[PDB]
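Heads up, this one has (R)-ketamine in it.
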Amino acid sequence: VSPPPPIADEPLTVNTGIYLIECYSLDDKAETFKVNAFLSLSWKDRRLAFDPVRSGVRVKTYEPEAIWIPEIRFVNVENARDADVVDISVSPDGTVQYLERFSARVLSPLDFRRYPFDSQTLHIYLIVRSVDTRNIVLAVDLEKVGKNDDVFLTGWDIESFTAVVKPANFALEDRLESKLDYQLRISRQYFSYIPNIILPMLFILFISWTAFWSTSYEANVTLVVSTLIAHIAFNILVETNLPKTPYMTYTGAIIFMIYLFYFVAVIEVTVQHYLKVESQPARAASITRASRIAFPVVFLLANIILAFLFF
Amino acid sequence: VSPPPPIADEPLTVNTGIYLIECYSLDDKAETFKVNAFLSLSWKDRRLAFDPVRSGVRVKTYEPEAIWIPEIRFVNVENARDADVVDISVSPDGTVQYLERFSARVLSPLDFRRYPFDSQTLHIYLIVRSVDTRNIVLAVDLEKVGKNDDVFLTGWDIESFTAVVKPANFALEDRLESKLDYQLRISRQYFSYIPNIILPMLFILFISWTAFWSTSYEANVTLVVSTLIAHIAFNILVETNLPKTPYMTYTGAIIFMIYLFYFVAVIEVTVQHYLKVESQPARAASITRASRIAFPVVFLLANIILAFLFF
Amino acid sequence: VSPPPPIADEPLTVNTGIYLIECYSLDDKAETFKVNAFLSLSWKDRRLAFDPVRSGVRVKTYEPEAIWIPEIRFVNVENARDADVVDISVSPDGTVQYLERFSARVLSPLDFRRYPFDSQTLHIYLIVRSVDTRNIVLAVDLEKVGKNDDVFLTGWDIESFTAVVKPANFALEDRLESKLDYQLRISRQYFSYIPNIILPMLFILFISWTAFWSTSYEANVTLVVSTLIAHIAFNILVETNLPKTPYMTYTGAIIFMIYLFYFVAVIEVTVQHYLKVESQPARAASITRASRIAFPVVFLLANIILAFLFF
Amino acid sequence: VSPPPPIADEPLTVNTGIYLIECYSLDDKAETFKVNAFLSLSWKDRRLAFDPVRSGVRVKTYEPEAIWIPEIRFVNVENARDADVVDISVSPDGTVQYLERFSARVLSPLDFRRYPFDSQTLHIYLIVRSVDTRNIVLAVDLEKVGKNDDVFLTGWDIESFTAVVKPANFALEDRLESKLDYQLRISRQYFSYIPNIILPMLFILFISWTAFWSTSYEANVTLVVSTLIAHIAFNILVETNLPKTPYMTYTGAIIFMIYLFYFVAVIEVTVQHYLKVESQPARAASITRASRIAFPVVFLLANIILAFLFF
Amino acid sequence: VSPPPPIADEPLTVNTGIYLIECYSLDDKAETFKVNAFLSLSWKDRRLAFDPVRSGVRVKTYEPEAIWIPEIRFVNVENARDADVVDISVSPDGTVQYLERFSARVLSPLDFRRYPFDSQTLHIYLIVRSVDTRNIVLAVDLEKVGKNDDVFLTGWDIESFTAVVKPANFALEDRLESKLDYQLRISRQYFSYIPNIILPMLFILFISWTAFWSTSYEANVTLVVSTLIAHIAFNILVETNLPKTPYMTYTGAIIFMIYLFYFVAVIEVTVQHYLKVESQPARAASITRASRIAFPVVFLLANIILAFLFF
Ligand SMILES: CCCCCCCCCCCCCCO[C@@H]1O[C@H](CO)[C@@H](O[C@H]2O[C@H](CO)[C@@H](O)[C@H](O)[C@H]2O)[C@H](O)[C@H]1O
Ligand SMILES: CCCCCCCCCCCCCCO[C@@H]1O[C@H](CO)[C@@H](O[C@H]2O[C@H](CO)[C@@H](O)[C@H](O)[C@H]2O)[C@H](O)[C@H]1O
Ligand SMILES: CCCCCCCCCCCCCCO[C@@H]1O[C@H](CO)[C@@H](O[C@H]2O[C@H](CO)[C@@H](O)[C@H](O)[C@H]2O)[C@H](O)[C@H]1O
Ligand SMILES: CCCCCCCCCCCCCCO[C@@H]1O[C@H](CO)[C@@H](O[C@H]2O[C@H](CO)[C@@H](O)[C@H](O)[C@H]2O)[C@H](O)[C@H]1O
Ligand SMILES: CCCCCCCCCCCCCCO[C@@H]1O[C@H](CO)[C@@H](O[C@H]2O[C@H](CO)[C@@H](O)[C@H](O)[C@H]2O)[C@H](O)[C@H]1O
Ligand SMILES: CN[C@@]1(c2ccccc2Cl)CCCCC1=O
Ligand SMILES: CN[C@@]1(c2ccccc2Cl)CCCCC1=O
Ligand SMILES: CN[C@@]1(c2ccccc2Cl)CCCCC1=O
Ligand SMILES: CN[C@@]1(c2ccccc2Cl)CCCCC1=O
Ligand SMILES: CN[C@@]1(c2ccccc2Cl)CCCCC1=O
């Protein structure tokens, strides 16, 4: 239990590898996911070397307390991960192969700008702090980095899991720290949002537009106000599935714009009635006649303009 | 505490058995259930053999630290299960009988396509990793696999609990791994969904169709829009009890279709009024007269077509 | 730490007693409650006997590790209970008095058929597994079974706490198991449901029936549809306080029936208007006149019939 | 580790003191709060006495395992409190000063009758069980009982924290138990309920009363039914912030009464229309004219009568 | 394991430093956030001093049990923090450098008066209790106080993290206590509240004001009551995101005021109809004509007055 000293003054390299067994619980509001994975570590501790011939074994086993093991920690987790050591195997030249299975709740932020058509890059950061008698550095053994074929992140498609090979070394409170960037890349499954949120929301909007083929204020006011309410619901529904971003989300813009198309419609519906009461069904009907086209056209127009600004 | 070595080079076979004591908390959104069960392990460690005559006992007891026990783990769990060792009993020939009682939260995905008339196969996967001095293989002792008669999974009927006898062996990071597939088969209890969701949803739809026996736009608009709102509620209610699937669920299709039957009805209700205002109660009433049949018939028609595509 | 051997071949009897200190968190959806209680155990381990005269003490103390203690476990709990040993007292003849204070979350199912006028029998099952060198059997020391006068289960009245004196012995995976049935009997406090759910729900229904003293379709449709909506709310409110039962609950029937009385009312309201438009205020008014009596009488009739089927 | 024996046969007195550092999470539905406090214990164990002169120290330190410490426990907590021993200090005459810092979730019931103008007395009960070789009794060292000035119970005003000096001694399962009653006295902060619940609820009610200055059934029905719905919302909102009491709460009565004033109003609104249709605007208008006064006066009357029965 | 004694009678100074790694879960209702940080401690324990020349090391390592470490605790946390010791490094003069990584849930109250345009000062209080053989005092090593550049508090902007250098010393139950005030300063990200809550709420209000350009009571009542309902929703939405303050929040005032502008509008809408029925379209229309200006002007007026009182 003290770090393997340098036959010189080289920094000690620890080889890391993560193999995801489960991803689950990608919580958008909290911006967390839960992982369940193999962590693999490898470094040379010459003090542990031995003879295959004399000792008679090709490889020797140790319990974690027996030998020095590098204090590797995750940077962006809620709590210290729950780890369970699975195997420590030393080879004759003093090469250690560490293997734990852990579970942690990771805290990587998401970009909601293109929601629900967004993609994310999840981050799991490995870090290790250098000790007083030598510098420890992390490196990625690509051979030991992966994920099993089952790994299903409910509601998301998993594109890739890779590590940035080059550690970011830097100084944190006196000693030096080595940080590795594992990257889980995912894209949201947009399908459900279509029949659940987007279409219904459009339907109630279209239903509102039939007031342009009506002359009854007593009824138009009921069409336009009733649906505006239904819209409010969908609005609230959506913003309870989402963290409060300081930027504007796509679904948020669309949802907000539609408020305008309701307010303008209530205006037109009111203007039209104001005329009819003053005996002007002529002016009214010419406005009402334009609305029937102006709305769907300015809508299908502005949506195009949003999509542009967003994709 | 080191694996029983081979009188040859055979792999060491561990015999497994799971006996469910409780299933509970089948959470559809998270796609998890909680289990509370006996895990039973059995293998031969010849080093532990003894004489009944001399030693005077037909069977000897050991504490878990005393002997080597195979590191068996669950693949698809949230966290390492909580286990409590109940008994370790060694027989004269060096046969070990291990028995723990554990509880875990298992993570097996569900298929919602036929919801709420769906059936699921829950999976509990046992795995064991081979050590450096021999290969460990899992096997199923059917005699030790079952569930007690109480085991009640609230809201589900339990059909069966069996294991696939043949382990999937494969290589994971250097060493070989042996994985067993225990399978809990359940079918959802569809009853409640009938008076709680399905019928009410139909009733409000039928109530909407009485606008076809009315000439009052001021009222039809109130019938059709008011119920469309009630429908929206049921829609939201249902989609908060369900994970966001990238496929279409039965209840989801039915619920989405009904939106169309609301939008078409608002159209007809509007068309009819447009005629009456132009003085055409003739054309109107002939359309309105067809609707009274076309709707219920196209509905009862399309539902049949869905059920088909789904079952 | 090995079981007291038989001066013969009798099974070892352990005397149990549970004394509830707290019940709390009766969760209807989950069908669990949380308990906080004394567990008391007593058995004879002759090896522990001693002389009062020589040893000078009337009774001797031991720490749990010092002596063999029977592995007693709860059958229907979420996780192994949290226990804290309070006292172990051995008397001269080798009689042990064990006493722990534990807390567990128990998993006993409820019957909702008569909800909210229902009563439940909660179950806490003690179990013990026989060891290889003798059979262990549980028994109830009634003197040590009870609950303190405070024990308040929020929202429920506690009728009784008793144990079934006769253990169910049976064989589970090789060895024999002894199971005791402690029974907590409770009845739901129905009062609040009256002003919170039941009356309001009736009031909105009665408010709907004033359409029978009206000839205005434009208004009846608003009365009947608006209240049907309010009803839907109460329906949803109630079914979020309740697990999804595969049987029909009382409140559920009542709530479902009322849907019918809304659908029929919308029919009558429509029929009446259809006549009036065809110039038939005569036929209309004779129907409308009957409704004013038929409804309240068929309602008060059918409710009686439900109560019957249910109580 | 065995209790200090009596130089006679006196019971051993343990002096207790609680000093709250944090109160937080007063959960009305669960009737729990969370505490974070100093527990202080003091008793005489003569075996521990020593000489200041020879030993050279005015006071000696011990680790909890070194000496016997009385098993003090909380009666009304969810789980055994988390404790962290801060200090054990023995004085020459064998006087022990124990000090832990703990946190627990306490389970004291609340009285909602005057909600939200209610006050509560929270209870923390210390208990200790007598051992076989002498009787232990609790007492309150007032000097060591208090709370820091910060202690802020979000949404409540803290009036006082005191202990009932006289322990309740009694026999529980063979041995004698000593129980102390610490009492945290709080009064609810009623302010927010005013602009959030009470006034809005009144406003929508007043808005409903403008139907008394209207002759339009088509509109009155919309005023009265629409607001009755808004009221239902506030009702539901309030009863989800509150446990289900078997008695009647103030806010509950007020909220329930208002249902009546809606049902009567719908009646009057209907009666008035019934007359007008029979050509009787005379009778109608005389009723409608009374309502304009009868309602506000019978309301402001009945509220006074409730407040009376409740305060 | 006993405190370093004074070469005199000076108090022992412990140097503290906190370096935030994660902030997350700022829960407004509970008034808590979760922290994940380095705690750094440093003090002189001369008993530990040694010779670099003889001993051959520039610095020596110890496990936490080996040496005396000051019992530093957080004042305002839910539970004793989870700590993991990262390093203990002793320098020849007996200077100790302690370093743990901890996570706690902190309990600092927020000021909602200017919500959602508010700023907060979060507090993390370190405390240490003096022992019987000397006084311990805390101090801030500024060099060891900070936060990494990632630290993202979802929905908030982080302005600063600093410590008040001067400890508050005071007496708590016999001994002296030293308390340090670490201060995390944050300002809320108000943006989202604009399109999500504030504008929608204004739009529905404006939509209500179109009743001033209408003469139809049957319709005005529907406009004004329908939107009052939508407003109620937003009100409820907002007050479920917020603790119940005994003071008035900005959003709360605005939301409450708007109720008045609904009640007055319903009055005017009623007054206008009352006149029209008495044949007075003259008086009506002069009132209605003023409203069209009075409302928007008294609104835009009063809002200015609130903003003033609040900022
Ligand atoms: C058009 C304008 C008006 C529109 C009206 C819209 C109405 C919207 C109302 C919807 C209310 C539904 C509230 C939540 O419903 C369910 O209530 C139950 C009561 O507790 C929840 O119980 C569950 O809790 C977990 C999630 O909270 C689940 O995963 C668990 O399995 C389950 O116990 C269910 O998960 C939860 O989904
Ligand atoms: C015609 C149709 C009628 C339509 C009207 C229906 C309106 C219904 C709206 C009801 C609002 C629902 C949300 C209530 O706000 C609060 O939301 C909080 C979560 O954001 C909840 O938080 C609480 O959770 C525990 C209960 O499970 C409490 O014990 C906790 O103390 C509290 O934090 C509160 O319990 C809960 O009261
Ligand atoms: C025009 C549209 C038609 C219908 C309009 C919408 C009507 C439906 C609105 C219903 C709102 C539901 C009120 C909030 O739900 C309840 O709030 C209570 C207080 O927060 C919940 O209390 C519970 O909290 C957990 C919820 O997950 C449960 O597990 C606990 O057992 C229980 O304490 C109840 O379990 C939970 O059912
Ligand atoms: C006329 C005035 C307007 C009237 C209409 C306004 C009514 C608007 C209806 C509001 C319906 C919202 C119901 C709650 O929906 C969902 O309830 C589920 C039940 O549990 C939630 O489930 C989730 O809860 C966590 C949030 O803390 C997530 O992080 C979890 O991953 C997820 O299980 C979802 O997050 C949550 O989005
Ligand atoms: C005329 C009848 C009235 C018209 C309709 C009445 C209004 C009905 C709309 C009320 C629905 C309000 C939604 C509540 O669900 C939300 O769910 C979110 C998660 O899905 C919550 O998120 C938060 O939950 C904790 C408890 O509030 C917070 O402290 C957490 O920080 C945050 O994650 C939000 O705080 C919580 O407000
Ligand atoms: C698809 N995931 C696998 C798996 C990998 C690691 C742990 C568990 C599993 Cl079930 C399944 C068996 C072949 C190997 C493989 O990749
Ligand atoms: C129905 N479950 C049982 C049970 C099995 C295992 C553990 C507890 C239980 Cl009460 C009940 C007693 C007979 C044996 C049996 O299968
Ligand atoms: C009512 N419960 C008591 C109690 C019993 C056991 C534990 C705590 C408590 Cl206060 C209160 C004191 C008299 C004895 C009794 O039954
Ligand atoms: C107001 N609470 C104090 C406090 C008391 C105990 C623990 C922490 C803290 Cl802050 C603050 C400093 C003066 C003493 C005091 O009462
Ligand atoms: C921005 N935060 C950093 C960081 C600091 C401490 C722990 C983890 C990390 Cl990731 C990232 C790498 C440069 C140093 C730094 O401040």
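By convention in this document, chain letters (A, B, ...) are assigned in the order of the sequence lines, proteins followed by strands, and residues within each chain are numbered from 1. Start at 1 and go down the list; that is how both ligands and their atoms are numbered.
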Identify all ligands or chains assigned to (R)-ketamine.
-> ligands 6, 7, 8, 9 and 10
State which chain has the largest number of heavy-atom pairs within 4.5 Å of (R)-ketamine (ligand 10), named as in UniProt.
-> Proton-gated ion channel
Report the chain letters of other chains having a non-hydrogen atom under 4.0 Å from (R)-ketamine (ligand 10).
-> A, E
Is any transmembrane segment of chain E, as UniProt numbers them from the N terminus, within less than 4.0 Å of (R)-ketamine (ligand 10) by heavy atom, and which?
-> none
Which other ligands or ions are positioned less than 4.0 Å from any atom of (R)-ketamine (ligand 10)?
-> none
Give the source organism of chain E as stated in the entry.
-> Gloeobacter violaceus
Write out the binding site of (R)-ketamine (ligand 10) as chain and residue number, heavy atoms closer than 4.0 Å.
-> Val75(A), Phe170(A), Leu172(A), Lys179(A), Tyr19(E), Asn148(E), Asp149(E), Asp150(E)
